[PDB]
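Each chain gets a letter, A, B and so on, in the order its sequence line appears, and its residues count up from 1. Lab note: partial entry displayed, contacts enumerated inside displayed portion only. Whatever order the structure lists ligands and atoms in, that order sets their numbers, starting from 1. Side chains are part of it too, since the values below use all heavy atoms of this structure and drop only hydrogens, waters and symmetry mates.
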Amino acid sequence: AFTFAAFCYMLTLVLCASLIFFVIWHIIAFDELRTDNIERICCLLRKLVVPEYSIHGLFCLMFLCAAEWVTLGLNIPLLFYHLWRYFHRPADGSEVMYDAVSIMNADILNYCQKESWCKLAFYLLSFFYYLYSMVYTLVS
Amino acid sequence: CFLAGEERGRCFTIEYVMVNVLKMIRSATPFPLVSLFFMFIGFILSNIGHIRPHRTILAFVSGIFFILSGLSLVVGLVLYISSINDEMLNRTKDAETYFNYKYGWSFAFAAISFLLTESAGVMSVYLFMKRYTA
Amino acid sequence: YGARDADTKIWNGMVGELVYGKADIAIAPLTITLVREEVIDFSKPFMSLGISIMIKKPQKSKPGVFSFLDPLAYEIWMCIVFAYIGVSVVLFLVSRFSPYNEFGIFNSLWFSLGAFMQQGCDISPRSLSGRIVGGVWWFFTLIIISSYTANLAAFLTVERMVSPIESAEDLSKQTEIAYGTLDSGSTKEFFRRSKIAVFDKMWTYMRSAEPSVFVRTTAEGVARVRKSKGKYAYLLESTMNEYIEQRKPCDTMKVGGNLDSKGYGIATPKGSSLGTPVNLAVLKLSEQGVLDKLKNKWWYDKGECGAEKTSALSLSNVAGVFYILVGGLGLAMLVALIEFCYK
Amino acid sequence: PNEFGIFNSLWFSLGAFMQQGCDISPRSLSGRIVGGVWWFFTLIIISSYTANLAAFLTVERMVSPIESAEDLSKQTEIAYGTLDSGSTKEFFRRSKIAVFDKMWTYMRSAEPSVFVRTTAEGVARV
Amino acid sequence: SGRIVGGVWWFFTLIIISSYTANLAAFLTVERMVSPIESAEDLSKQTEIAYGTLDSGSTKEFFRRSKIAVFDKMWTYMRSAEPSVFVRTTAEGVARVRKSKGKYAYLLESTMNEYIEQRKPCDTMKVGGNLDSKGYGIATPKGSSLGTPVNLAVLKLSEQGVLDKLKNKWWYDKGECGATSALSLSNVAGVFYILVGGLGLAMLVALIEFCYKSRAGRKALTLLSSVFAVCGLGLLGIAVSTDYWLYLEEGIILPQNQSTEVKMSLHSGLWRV
Amino acid sequence: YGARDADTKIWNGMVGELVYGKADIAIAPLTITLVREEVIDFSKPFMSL
Ligand SMILES: CC(C)CCC[C@@H](C)[C@H]1CC[C@H]2[C@@H]3CC=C4C[C@@H](O)CC[C@]4(C)[C@@H]3CC[C@@]12C
Ligand SMILES: CC(C)CCC[C@@H](C)[C@H]1CC[C@H]2[C@@H]3CC=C4C[C@@H](O)CC[C@]4(C)[C@@H]3CC[C@@]12C
Ligand SMILES: CC(C)CCC[C@@H](C)[C@H]1CC[C@H]2[C@@H]3CC=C4C[C@@H](O)CC[C@]4(C)[C@@H]3CC[C@]12C
Ligand SMILES: N#Cc1ccccc1-c1cc(-c2ccccn2)cn(-c2ccccc2)c1=O
Ligand SMILES: O=c1[nH]c2cc(C(F)(F)F)c(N3CCOCC3)cc2n(CP(=O)(O)O)c1=O
Ligand SMILES: O=c1[nH]c2cc(C(F)(F)F)c(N3CCOCC3)cc2n(CP(=O)(O)O)c1=O
Ligand SMILES: O=c1[nH]c2cc(C(F)(F)F)c(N3CCOCC3)cc2n(CP(=O)(O)O)c1=O
Ligand code: NA
């Protein structure tokens with residue numbers, strides 16, 4: 001039957017469909033960065049990343065109020081990584097504060113490309129974990 | 001103070017007498033006192049803004065105490081009225097009796113006093129915008 | 001009624017006048033027990049009864065602060081809030097990425113608040129994909145506000161008072177309502193030596209609770225029901241419980257079934273010539289409906305309690321909206337103070 | 001960082017109570033909380049006006065007037081009585097019909113006395 | 001000319017939205033007026049739920065001999081009712097309760113009623129108090145040397161709770177069953193489905209605008225306004241010239257597993273019936 | 001359970017086996033009735049209903 005927890009899983013299939021689109025667009029923009037480009041891949045990426053936190057920041061406050069402690073628990077490792085990239089390693093910028101300030105230092109390129117396939121591996125598993133516990137709470 | 005039913009002229013106070021609504025009006029007691037305090041703060045900081053106009057912020061801050069007072073009337077007058085109707089309801093319904101509560105000229109004077117210190121709140125902020133542009 | 005003394009071994013009351021020759025029959029509410037059957041002779045029971053529960057008859061049950069939320073369940077109101085942010089993020093994602101904008105996250109929380117409160121808007125989405133978010137949240141709003149009003153109009157039309165206690169299992173599962181028997185007697189003795197599952201739970205409560213849940217007189221126990229606004233349930237026999245319910249005022253109520261089974265008998269001395277024809281007389285009066293007809297007459301047809309005009313809404317019902325309003329006015333004055341300091 | 005003076009604020013809040021408001025809208029966050037909790041105020045009040053009026057008009061439509069003796073025997077909120085003597089009081093005393101035995105049971109035990117002494121007294125009590 | 005169409009559409013929606021709310025407030029009020037049966041006086045007044053006893057025994061002879069007002073009314077209804085409300089077996093009367101969807105009540109003893117309540121399927125329940133008061137006894141041959149110690153044994157077992165312990169053992173502990181007035185999510189669940197379905201549809205359109213904005217006459221509209229006008233002449237031309245407009249039935253029901261027999265089944269048109 | 005045939009004035013069932021000596025006692029759901037109390041001796045009710 002339809003319940004409040006089963007709505008919190010319906011509402012996160014729709015938003016993690018945008019979170020994978022943040023990452024498919026994140027692997028192409030660095031692939032086109034190596035072929036060519038700095039000041040445009042400064043701005044086009046820097047607009048994307050703060051929507052990626054607060055949509056996941058919604059999920060931390062949505063499954064907290066839904067009393068889904070295992071689902072809140074599996075979003076904890078992506079959450080506390082996201083606080084480190086903004087509170088302690090902010091890539092200063094003096095502006096929207098992400099991968100703009102310096103680009104071709106050639107060490108952060110290897111870190112972003114490992115991150116760009118680590119996000120897609122988490123989100124595509126999150127899409128089917130949310131789709132399972134949607135169908136779990138609807139049938140049960 | 002009683003009249004016409006066991007007509008005792010002794011005005012009993014609220015602590016040296018013991019009806020449950022007389023304890024329910026104690027819950028709505030501090031808000032007409034927070035109202036009276038903020039009107040007094042808003043008035044003494046309004047005359048200072050008349051005798052020392054070199055710092056203009058005396059008028060606008062006194063405008064806020066005029067309006068935070070009026071919000072303490074409204075919560076006070078809702079709490080006063082809602083505590084009446086709750087004890088008018090928690091009684092044994094009997095069709096051979098009747099009940100009657102009314103309000104008097106002390107309840108009205110606290111109600112009109114909301115209109116005049118929200119009017120004093122608007123006129124103090126318009127007074128601040130005349131001083132600051134000069 | 002009759003009790004053998006522990007020291008003098010002398011029966012008193014109506015049992016003592018049948019053992020000691022001062023009487024010939026006891027047509028009385030005399031409980032068929034073990035220790036009385038050994039000395040006198042009962043008939044078949046003319047009235048079957050037991051221990052029952054007397055609570056105060058429920059009332060209009062005064063509102064809280066958040067009583068205005070009650071036409072919709074609390075599971076709906078949480079689904080409304082999270083779908084409010086749920087359609088505000090999707091307004092943001094659609095109008096920023098692939099734009100036509102004016103619809104940042106602070107204007108998408110204000111379009112959706114203006115849409116739910118049915119206050120219109122100042123801006124409307126201009127893309128197709130922004131007008132499907134705005135167009136379906138309008139249809140969601142139309143069903144929820146029309147079902148807030150319609151479920152509220154059902155509540156105010158049909159008054160329907162429910163009692164919190166409908167069993168003695170339910171008295172055992174709570175500590176809000178304090179229950180107590182008389183200080184002595186058969187109801188006091190019943191819960192002491194009971195062993196079922198529940199009357200042992202109900203006895204560990206009553207023997208320890210402060211203040212004393214045991215009244216001294218039945219009239220003290222009825223007054224403690226009427227003067228405890230629904231917090232005292234008096235455990236007593238189901239014949240006084242059905243009669244005090246029919247006296248004035250109509251302040252009390254019998255709930256649940258009986259807790260045990262006992263009877264009232266017509267007693268004769270042991271060896272009397274009346275013992276057989278009175279025994280056959282009670283079973284004539286039972287099967288002809290005479291004992292039922294005499295019970296309807298003295299409990300119900302001579303009952304003082306027997307067996308509209310919708311009133312205006314008092315301020316108590318909707319007082320919590322005025323609290324949130326002024327609490328939302330003072331919360332808005334704080335944000336301007338932080339806006340003036342930050343800028 | 002106006003359009004929101006005290007006479008445009010008395011017109012925004014009047015257009016928001018009537019649920020009619022096309023005008024300027026608040027743009028500051030501190031101006032949109034006061035505009036937001038006033039919108040939630042009027043959503044509860046206007047839904048309480050309509051629902052309490054629909055509760056009045058329904059209960060005023062449920063009211064069935066007396067048109068039988070079975071309507072008097074069920075509704076024990078209108079008192080009814082006969083004259084203190086005569087054929088009408090002796091009719092219900094002797095009756096073995098179900099609805100009339102119920103009416104005599106109510107009239108014989110009712111406080112105060114429902115039985116008037118004169119016909120002009122019983123019309124007076126009505 | 002644009003403000004008349006904008007004006008009569010505004011008057012359309014004022015009647016429809018006021019008809020949605022008022023018909024929903026009529027449903028939720030009538031669904032709140034519904035009082036279930038909790039007495040015999042509720043069965044004697046409500047003559048829409050049928051009720052009956054067994055065809056023989058002490059229960060049918062109770063109402064036949066009764067001079068109490070509410071019980072004389074119940075016997076008057078049961079003695080003249082079509083079809084017969086009196087079942088022949090206790091298992092037949094429980095069967096009629098379980099297959100009449102709540103339109104049949106059965107009058108039986110209090111100890112079978114509390115027993116069938118605790119046996120699968122958990123379809124039935126006991127309502128109200130008992131109509132009369134009788135008892136079960138242990139019997140002896142009227143001249144035995146045993147009837148007096150048995151009489152003192154029943155009154156000892158009753159006061160030691162053994163008769164209450166054995167009743168909980170066989171009615172409830174060996175039973176097979178168990179033992180808000182506000183609007184629930186299950187009633188308005190489908191407006192959250194269209195909301196979630198309307199958000200996911202609109203993010204799908206946000207892709208195929210972004211792919212259409214980034215990547216980039218009379219010949220199409222001549223082609224499109226012809227095939228829709230032919231099929232407009234088609235689909236109405238078939239429809240008015242056929243006879244499949246109104247499937248209509250006028251059958252009758254039976255109270256025997258809802259046996260259905262049609263008698264006036266039909267399919268109609270504007271010119272054929 | 002027990003009933004008197006009005007023609008024969010005879011008891012069939014468990015009241016028949018107590019009046020006519022076949023049984024010594026009947027622990028059973030046997031209703032305390034007027035027409036049964038005349039011919040056999042019931043105890044106090046072990047179950048009220
Ligand atoms: C919730 C209460 C009790 C305290 C929190 C309120 C304050 C501290 C928070 C919440 C809203 C935040 C806003 C953040 C952005 C804007 C925009 C800026 O141009 C000025 C201030 C302003 C308008 C807000 C200042 C106040 C703010 C930083
Ligand atoms: C846009 C997508 C990815 C988000 C979730 C899809 C939702 C909206 C769709 C998927 C298919 C639909 C299902 C339809 C059938 C059943 C049966 C119904 O009795 C309840 C709900 C249930 C179990 C489903 C609910 C969810 C549903 C309405
Ligand atoms: C702190 C800032 C945001 C302003 C708060 C507003 C204050 C003045 C108001 C608004 C809502 C009010 C509360 C409302 C509910 C209860 C219950 C009531 O029986 C008495 C008062 C009491 C306990 C509160 C008194 C204080 C009150 C908090
Ligand atoms: N009365 C009233 C009322 C007025 C405005 C808003 C809400 C209510 C209200 C509604 C309900 C309710 C409940 C179920 C179904 C429908 N409505 C209940 N209450 C209420 C009344 C007394 C105490 C607590 C809540 C209420 O106060
Ligand atoms: O044989 C008995 N029959 C009893 C009958 C009744 C009554 F209900 F009035 F019929 C009462 N009351 C119950 C409530 O308090 C007032 C009197 C007590 C009785 N007692 C004493 P108990 O059983 O020890 O409590 C007997 O002994
Ligand atoms: O033969 C009789 N005919 C009666 C005729 C009438 C009248 F209605 F006036 F015609 C009346 N009244 C009834 C109303 O109050 C005024 C007098 C009483 C009559 N009685 C006495 P009752 O019937 O015992 O009360 C008779 O005996
Ligand atoms: O002494 C009697 N005790 C009885 C006891 C029961 C039972 F409930 F099973 F205990 C029943 N049933 C009622 C329900 O259907 C199954 C049999 C009948 C009894 N009868 C015959 P009745 O009372 O004339 O119908 C007696 O005579
Ligand atoms: Na209605």
Exercise. For ligand 4, what drug is listed?
Worked result: perampanel
Exercise. What is the recorded name of the drug molecule at ligands 5, 6 and 7?
Worked result: ZK200775
Exercise. According to UniProt, what is the name of the macromolecule sharing the most 4.5 Å contacts with perampanel (ligand 4)?
Worked result: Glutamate receptor 2
Exercise. Counting non-hydrogen atoms only, which other chains lie under 4.0 Å from perampanel (ligand 4)?
Worked result: C, D, E
Exercise. Which transmembrane segments of chain C are near perampanel (ligand 4), taking near to mean a heavy atom under 4.0 Å and numbering the segments from the N terminus as in UniProt?
Worked result: 2
Exercise. Which residues would you count as binding perampanel (ligand 4), with heavy atoms within 4.0 Å?
Worked result: C:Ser61, C:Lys62, C:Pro63, C:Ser67, C:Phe68, C:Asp70, C:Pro71, C:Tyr148, C:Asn151, C:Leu152, C:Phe155, C:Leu156, C:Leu313, C:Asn317, D:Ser48, E:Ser181
